[PDB]
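Here's Cytochrome b with atovaquone bound to it.
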Amino acid sequence: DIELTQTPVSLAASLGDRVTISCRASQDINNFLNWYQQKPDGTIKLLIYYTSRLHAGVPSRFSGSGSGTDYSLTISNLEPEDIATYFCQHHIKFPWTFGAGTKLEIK
Amino acid sequence: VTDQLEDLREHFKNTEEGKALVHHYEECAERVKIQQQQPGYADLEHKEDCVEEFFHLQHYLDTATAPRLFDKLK
Amino acid sequence: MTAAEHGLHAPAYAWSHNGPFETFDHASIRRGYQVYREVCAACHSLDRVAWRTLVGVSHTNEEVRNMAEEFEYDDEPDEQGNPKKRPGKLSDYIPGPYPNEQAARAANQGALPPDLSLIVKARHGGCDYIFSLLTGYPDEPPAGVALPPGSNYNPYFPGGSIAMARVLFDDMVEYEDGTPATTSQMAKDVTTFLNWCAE
Amino acid sequence: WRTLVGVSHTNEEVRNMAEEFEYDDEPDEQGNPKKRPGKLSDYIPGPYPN
Amino acid sequence: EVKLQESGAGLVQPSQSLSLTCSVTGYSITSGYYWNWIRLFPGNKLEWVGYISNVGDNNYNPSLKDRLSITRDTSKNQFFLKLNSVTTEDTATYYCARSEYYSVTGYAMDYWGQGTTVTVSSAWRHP
Amino acid sequence: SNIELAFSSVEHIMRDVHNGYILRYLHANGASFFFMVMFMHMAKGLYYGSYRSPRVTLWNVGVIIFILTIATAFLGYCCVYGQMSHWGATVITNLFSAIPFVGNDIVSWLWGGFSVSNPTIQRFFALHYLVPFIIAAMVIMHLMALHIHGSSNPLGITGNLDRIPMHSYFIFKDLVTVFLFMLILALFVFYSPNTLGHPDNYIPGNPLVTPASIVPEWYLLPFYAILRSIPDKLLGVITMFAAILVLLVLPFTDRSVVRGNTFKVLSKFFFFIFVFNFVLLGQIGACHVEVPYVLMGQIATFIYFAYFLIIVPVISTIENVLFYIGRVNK
Amino acid sequence: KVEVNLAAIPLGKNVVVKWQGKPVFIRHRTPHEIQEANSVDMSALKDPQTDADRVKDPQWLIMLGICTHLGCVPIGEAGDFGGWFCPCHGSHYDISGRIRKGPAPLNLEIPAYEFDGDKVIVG
Ligand code: HEM
Ligand code: HEM
Ligand SMILES: O=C1C(O)=C([C@H]2CC[C@H](c3ccc(Cl)cc3)CC2)C(=O)c2ccccc21
Ligand code: FES
């Protein structure tokens with residue numbers, strides 16, 4: 001059951017600058033890795049599918065990338081409030097598997 | 001030589017109905033600016049514009065800038 | 001249909017030839033050719049019009065022989081089997097600016113400038129609509145109309161977004177006879193000349 | 001070329017012959033010529049240019 | 001638009017059956033893509049539960065395979081959880097989501113339910 | 001008739017051939033006047049109830065002629081090879097797909113390849129040559145039917161009591177309409193040569209890009225309308241063709257006891273609703289599939305077929321009964 | 001068979017090309033646009049079909065611009081469905097190239113195609 005290294009184990013950041021979570025698969029996943037987003041009120045959304053591609057509405061300042069077994073999630077600026085815990089799942093086979101997460105608060 | 005047409009469009013913008021109608025557009029052009037500074041405007045989806053105005057103006061111009069214009073010409 | 005998709009109705013200017021008894025203004029045609037030659041020839045073919053056809057209308061026999069030979073048409077191979085050029089004859093058709101459809105678009109952000117020979121019939125309104133699209137490039141794309149990169153605004157074109165930038169800017173043509181080389185006089189002529197071309 | 005196929009030769013046999021010659025081909029995006037090998041859709045070229 | 005609406009008993013007594021329901025609107029259960037269950041654990045970690053497809057084939061998680069039963073009602077445009085024999089080990093928030101499928105970009109859950117929180121407990125509630 | 005030279009060669013006929021422009025503007029404007037005059041001829045036949053026994057075959061054959069004239073003029077249009085031409089020719093070829101199963105193939109055949117291409121304009125030229133002789137062939141049977149019963153009258157009673165010989169009255173009478181005909185035709189041909197054509201057709205046909213103003217020929221419009229009025233492909237086709245065929249029931253549905261709207265107030269009235277509907281239907285053809293136009297289109301179409309199928313046999317049956325009780329004692 | 005330069009296609013630009021005498025449509029689909037396509041009711045549809053079957057990568061819409069009514073070439077970025085309008089007898093197509101309003105009985109046909117580098121072989 002392919003496991004994914006979420007890291008840093010939730011590290012906050014400053015209001016006006018970027019950040020960059022990352023995932024690391026226990027196997028080769030072939031870019032089949034989406035990025036999700038959990039605002040504190042509970043709601044979970046789509047942000048990124050197939051390693052690098054935006055979902056409808058997620059502002060262009062979101063990025064994300066990777067290949068083989070290592071993948072990113074580069075934001076541009078944390079304003080106005082990207083305050084949420086960003087999970088990551090592989091879907092190269094079954095069962096699929098999210099990460100630990102990476103909660104993002106203010107410094 | 002002041003362009004035979006430009007000149008004729010000018011003179012007619014500055015009659016009664018020219019004033020009345022250049023304004024009607026300005027009121028709209030202003031309204032547009034106001035709507036544009038706002039946040040999430042690019043996703044407003046039904047953004048107003050003033051082509052409908054513009055065209056009502058040229059019609060008034062055209063209707064006068066046409067049977068007149070051609071005699072100023074060679 | 002929104003009045004923006006339609007384009008604004010060009011008005012009934014009063015042309016020299018309008019009416020059942022009205023020959024063209026050949027003096028006017030003569031001007032349009034210059035306005036044609038110096039300005040729009042840069043982009044626009046006029047392929048179904050032949051040099052000879054000008055003679056007796058806008059010019060005189062040599063006047064058109066002169067123009068004719070300023071260009072090298074293809075000509076039958078020498079005794080060896082190798083190409084050659086040659087000047088033109090009155091028997092010829094006024095050559096296009098481009099060597100094919102592609103270079104026409106390459107030179108225009110991928111736009112295909114319409115051959116003009118038939119333009120005054122291949123459009124509704126025609127003489128008027130030709131005049132108006134040429135003297136109707138207003139200064140700015142109306143409040144709210146957001147214009148693409150390399151496209152202009154015209155109320156007389158449908159949906160304003162015309163791939164042809166404005167081209168009449170007073171006096172850019174030196175009117176040989178000595179007339180106000182304006183833009184509404186540079187234009188009224190190429191229209192009367194382009195009218196001829198299609199009819 | 002195609003007309004040979006099934007009569008004197010076989011499909012590739014004629015595809016081979018075909019491409020040994022560069023017919024004219026539609027201009028690039030710029031408006032400048034180009035060659036290309038032949039297709040079976042072609043007519044066996046003359047020795048002379050005219 | 002498309003919308004997912006969770007509804008069900010989120011207070012289940014152990015050794016029983018957790019049983020949620022995900023009603024949809026703005027797309028159909030029987031057009032295309034995938035219809036999933038996913039549970040969010042106390043320790044804020046996410047786990048894929050299983051799915052019913054657009055033609056109702058069941059890819060379960062094998063950690064929970066012996067214990068569930070995804071199904072659907074097609075007249076009502078909704079799909080169902082039935083986790084048998086519940087332990088506190090199962091206590092977590094539950095989420096329904098639609099997962100698309102493309103040849104190129106593979107799967108992605110793009111329409112998520114609002115959440116329905118279950119707590120395995122032997123406490124008593126007024127039915 | 002080669003797809004290259006085609007569009008140009010007509011320009012050739014225009015720019016080069018001596019009196020060639022007169023050749024074209026006459027061919028084209030004339031085709032229109034053909035169609036006007038033919039509608040007025042078909043009108044006259046409705047109004048005075050010519051379609052009515054013993055003249056059924058007479059009538060029926062004209063329905064065949066009318067069909068062949070549309071077929072003819074269409075092909076002659078496809079031969080200019082402007083824009084309206086290449087897309088006209090696509091749709092008519094495509095009406096055949098509406099045919100179950102085989103329909104696509106028919107179209108492929110009929111095209112001689114992947115698209116309305118070159119083997120197409122070339123057959124459309126050849127068939128344009130053929131067919132007018134078929135009309136003439138047919139005009140002869142049409143005149144034969146006409147002959148064995150002779151013409152009717154704007155009174156719908158028997159002629160056999162006061163006949164006069166076509167020479168020299170009508171020969172001379174017919175000469176008046178003739179010159180008048182040529183006059184208006186002269187008017188268009190020399191002064192308004194395209195006040196009847198679509199400017200999209202001075203544009204060389206292009207198989208990748210349909211225009212965005214698809215107005216078809218005027219004499220065709222009322223059918224374009226009827227076609228569009230139907231949100232189903234197969235049914236829409238059928239209903240377009242049916243718009244012409246239905247013309248064959250007219251001698252059965254006319255229930256009357258007299259030939260002619262002349263002494264027929266209730267008949268006159270709807271007869272001009274019919275005419276005027278038909279013109280509106282035509283206006284609908286010119287406008288975009290916008291609102292309320294679509295729904296207006298739909299209603300006219302109904303009115304159209306209802307006039308043959310419903311109004312007429314109804315009204316005429318009523319009108320029989322007004323004629324009885326409107327005099328007699330008991 | 002023909003081949004397109006996918007890179008030369010801006011995000012949201014409609015590209016037409018000559019294949020088999022027909023035109024072939026290629027829009028570079030924005031993600032908002034990708035969502036519209038796949039968030040729709042297949043009962044509100046005449047020829048009902050999942051966008052994800054009609055396309056391989058959802059960013060690329062690839063289809064023959066022949067109006068399945070009587071075969072015209074639909075105008076791009078047109079209609080009442082963010083797709084295409086067919087000026088011949090008003091068939092409206094959406095942002096996945098399928099039939100919404102009009103006489104067309106079918107969704108704009110999807111050709112055979114393979115991706116390769118940023119070259120797609122539309123044959
Ligand atoms: C007397 C001068 C000129 C006239 C009358 C003229 C006229 C026209 C006309 C009638 C169109 C057709 C658009 C339509 O009606 O649908 C057109 C388009 C165009 N023209 Fe010109 N033109 C002139 C000069 C030029 C020049 C100097 C250039 C560039 C150097 C140019 C480049 C183009 C291009 C690229 C288009 C394509 C626009 C489109 O596809 O919408 N033209 N022009
Ligand atoms: C090539 C086209 C046509 C030609 C050359 C033609 C010729 C004629 C002529 C010469 C007459 C005698 C003069 C007159 O009564 O008007 C006539 C009458 C008649 N036509 Fe035609 N016609 C044509 C089209 C049609 C069509 C399209 C129809 C019906 C769809 C039709 C049905 C009739 C009928 C029923 C009469 C008898 C009229 C009466 O009783 O006075 N004809 N036609
Ligand atoms: O889409 C059409 C279209 O539908 C017709 C129509 C007009 C009436 C035709 C017609 C055919 C047969 C009969 Cl018996 C009557 C009318 C059918 C095609 C056209 O003439 C046309 C012309 C140019 C561009 C597009 C089109
Ligand atoms: S051909 Fe597109 S609507 Fe009839």
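We name chains A, B, ... by the order of the sequence lines, and we start the count at 1 in each one. Numbering of ligands and ligand atoms starts at 1, following listing order. All heavy atoms count here, side chains included; hydrogens, waters and symmetry mates do not. Only a slice of the deposited entry appears, and the contacts counted are all within that slice.
One finds atovaquone in this structure at ligand 3. Every other chain with a heavy atom under 4.0 Å from atovaquone (ligand 3) is named here: F, G. The deposit gives chain G the name Cytochrome b-c1 complex subunit Rieske, mitochondrial. The binding-site residues for atovaquone (ligand 3) (non-hydrogen atoms, 4.0 Å) are F:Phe74, F:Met84, F:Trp87, F:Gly88, F:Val91, F:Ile92, F:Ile214, F:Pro216, F:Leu220, F:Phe223, F:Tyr224, F:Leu227, F:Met240, F:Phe241, F:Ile244, G:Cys88, G:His89.
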